[PDB]
Each structure stands twice: as C-alpha cells, then as structure tokens.
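Here we have a structure that includes tacrolimus.
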2 protein chains.
Amino acid sequence: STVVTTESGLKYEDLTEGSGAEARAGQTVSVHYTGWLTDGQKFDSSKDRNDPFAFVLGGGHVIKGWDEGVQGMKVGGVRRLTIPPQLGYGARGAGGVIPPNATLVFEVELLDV
Amino acid sequence: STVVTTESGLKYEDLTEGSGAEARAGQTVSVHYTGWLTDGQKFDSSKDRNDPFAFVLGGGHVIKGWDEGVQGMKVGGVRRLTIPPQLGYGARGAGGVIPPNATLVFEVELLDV
Ligand SMILES: C=CC[C@@H]1/C=C(\C)C[C@H](C)C[C@H](OC)[C@H]2O[C@@](O)(C(=O)C(=O)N3CCCC[C@H]3C(=O)O[C@H](/C(C)=C/[C@@H]3CC[C@@H](O)[C@H](OC)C3)[C@H](C)[C@@H](O)CC1=O)[C@H](C)C[C@@H]2OC
Ligand SMILES: C=CC[C@@H]1/C=C(\C)C[C@H](C)C[C@H](OC)[C@H]2O[C@@](O)(C(=O)C(=O)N3CCCC[C@H]3C(=O)O[C@H](/C(C)=C/[C@@H]3CC[C@@H](O)[C@H](OC)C3)[C@H](C)[C@@H](O)CC1=O)[C@H](C)C[C@@H]2OC
Ligand SMILES: [Ca+2]
Ligand SMILES: [Ca+2]
C-alpha cells in the first residue's frame, strides 16, 4: 500500500481497500475509528463504546484532517490518517486528551455512505 | 408483542425489543428496512442493496409514518410499522412502486443512533 501526502500536509494510507460505494463530500458517512498520539498512546476508539460515529463528509464538524482524509474511501475500507496539528487541534490541543501541537494518527473503517 | 395504534392512525409493533440506545427525534439514525404493500408484494429493501439507510429522525425527509414510528426504538430492535396512506404517499402514491391510497407495511431494524 502507498502513502499519499496531500497539499495540506495530510498523509493517508489505505490498509485495506473497500469493495463498496465511494465516500464523497456531501454524504453522511458512518465509521469506526481509533485515535493514537505519536508516542503510541491510544486516546479514543468508537469500538470501545460499540458505537459507530456518523458525520457529514466535508461538513466542517470534524477536524480538517478527517473531512479531507475520509473522501475517496470505499465501504469496507480501512484507511490510516496522519494528521499534522494545523489539520487537527493546533496549538490549543483538546483538554486532558490531546496535547498542544500534536500530530494525530487515526485508523478509520468506513461502514456506510 | 403488542400492537399500538397512535392518534395519527399509525400502528407499530415491536417484533424484537432492542438492547442498545433509544432512538429520539434529533438523532441521525441508521436502519435496515423492508417495505411491502398490504397484499405482501415487496416494493423495496435496503438489505437487497446491501446499503443501510441513514436519516435524521424527525427531520421531515421521510414519510410521516417513519418520522413518528421509529421514535422509541432501541438499537438492535425490529419494529413493524403499518402506515395508512395519509402518513405515507397519500393519493399520489409513488410512480410504478406504490399505488394511490396505499397502506404500507415496513419492518425496520435499528442499526445505530
Ligand atoms: C457537542 C459536543 C459533543 C460532540 C461529540 C460527538 C459527536 C461524539 C464524538 C464521537 C466525539 C468523541 O466523543 C466520545 C471524542 O472524540 C475524540 O476523542 C476524537 O477521537 C476525535 O478527535 N474526533 C472524533 C472523531 C471524528 C474526528 C475527531 C473530531 O473531529 O471530533 C470533533 C471535535 C471534538 C471537534 C473539535 C470541536 C471544537 C473545536 O475547537 C476544535 O477545533 C480544533 C475541533 C467532534 C466530533 C465534535 O464535532 C462534536 C462533539 O464534540 C475527541 C478528542 C474528543 C471527543 O469528545 C468531545
Ligand atoms: C433525492 C431523491 C433521492 C432520495 C433517495 C434516497 C435518499 C435513497 C432512499 C433509500 C430511498 C429509496 O431509494 C432506493 C426509495 O425508497 C422507497 O422504495 C421506500 O422504501 C420508502 O418508502 N422510503 C425509504 C425509506 C424511508 C421511508 C420512505 C421514504 O420516506 O422515502 C423518501 C421519499 C421517497 C419521500 C417522498 C418524497 C416526495 C414527496 O412527494 C412524498 O410525500 C409523501 C414523500 C426518501 C427517503 C426521500 O426523502 C429522498 C429520496 O428520494 C421509495 C418508495 C422510493 C425511494 O426512491 C426514490
Ligand atoms: Ca452512533
Ligand atoms: Ca447508506
């Protein structure tokens, strides 16, 4: 599998290519995800709550790295995102979970579009 | 299981009670469904398309019987809705699938909220 670095600085890698429908901006998508800090510390997983996460792709209600990075996935796909801080939580971080200026790694599994 | 007839004329019956979170107006819910006419002719199923159906419960983008009927389901539950035409497609029906003045029967499986 290849790694793609976009103009924004996002990096992504398809760990498994999906066989289903393609995710496009505008669609309401459902995913499972896991998030880690660059030291390997897991900070969150939707699988731990057994609760798929739904959002409007390109809707501006998730961090920029997600809105950009989930586009192009196919249902059944697992994509790994490496999100630099300007496309995540930037200088502020996310109180008690994500430090200031953090690069974030997510694995995203696309369940439906 | 019991059958409930609401003030609107909607009838619903919980074929299986869900064990997960309750569906409330406002939530974006994901379901599988099958739809039939009162003579048992199947007109649609999301299972046949392998494509779960997401919608905003109470958002007015589904027939009135759905917006009302899916409220109160729990994740994992299967609810049968009997929808009179005034809470469905009324006198117009829906070209080449649902005739005028059709009572509709749906089975709805709540996948996520
Ligand atoms: C009303 C609020 C509750 C509402 C909560 C949910 C829908 C449940 C949902 C599963 C979130 C998780 O709850 C278990 C939990 O997910 C994290 O652990 C996480 O993995 C993460 O990073 N995710 C979630 C998955 C999408 C990407 C990213 C995100 O974009 O999250 C978004 C986020 C926090 C954006 C901030 C918003 C503030 C800005 O200042 C900042 O701008 C830089 C960016 C989330 C989706 C918000 O849009 C909406 C919410 O917050 C956060 C570390 C903290 C967060 O809990 C709050
Ligand atoms: C932009 C258009 C595409 C867009 C299509 C999708 C998102 C895909 C989605 C799975 C629909 C199915 O696509 C395969 C297919 O589902 C049926 O087979 C069906 O089982 C059905 O009855 N459903 C769908 C499940 C929710 C309840 C109900 C519905 O409320 O459907 C709504 C409906 C048709 C409402 C009419 C709208 C016009 C009014 O005049 C009338 O007012 C009384 C009510 C649907 C969700 C619309 O909001 C949005 C759309 O149409 C219809 C028999 C025909 C319909 O395809 C068209
Ligand atoms: Ca959910
Ligand atoms: Ca879908």
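The chains carry the letters A, B, and so on, in the order of their sequence lines. By the numbers in the PDB entry, the shown part of chain A spans 1-113. In order, the residues displayed for chain B correspond to 1-113 in the PDB entry numbering, which applies throughout. Heavy atoms only: backbone and side chains are in, while hydrogens, waters and symmetry mates are out. Read the numbers this way: they start at 1 and go in the same order the structure lists the ligands and their atoms.
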Report task. Report the positions of tacrolimus in this structure by ligand number or chain letter. Result -> ligands 1 and 2
Query raised in the report: Which protein or nucleic acid chain has the most heavy atoms near tacrolimus (ligand 2), under its name in the PDB entry?
Result: Peptidyl-prolyl cis-trans isomerase
Query raised in the report: Other chains near tacrolimus (ligand 2) with a heavy-atom separation under 4.0 Å: which ones?
Result: B
Query raised in the report: Which residues make up the contact shell of tacrolimus (ligand 2) at 4.0 Å, heavy atoms only?
Result: B:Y33, B:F43, B:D44, B:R49, B:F53, B:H61, B:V62, B:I63, B:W66, B:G88, B:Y89, B:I98, B:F106
Query raised in the report: For tacrolimus (ligand 2), which atoms, with element, lie under 4.0 Å from some heavy atom of B:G88?
Result: 43 (C)
**Report entry** N or O contact, B:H61 vs tacrolimus (ligand 2), cut-off under 3.5 Å
**Finding:** yes
Query raised in the report: Which tacrolimus (ligand 2) atoms, with their elements, are less than 4.0 angstrom from a heavy-atom of B:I98?
Result: 53 (C)
Query - Polar atom proximity, B:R49 to tacrolimus (ligand 2) (N or O, under 3.5 Å) - result: no
Query raised in the report: Would you say tacrolimus (ligand 2) has an N or O under 3.5 Å from any N or O of B:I63?
Result: yes
Query raised in the report: What does the entry say the source organism of chain B is?
Result: Burkholderia pseudomallei
Requested in this report: Pull out every atom of tacrolimus (ligand 2) sitting under 4.0 Å from any heavy atom of B:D44, numbered as shown with elements.
Outcome: 12 (C), 15 (C), 16 (O), 17 (C), 18 (O), 19 (C), 20 (O)
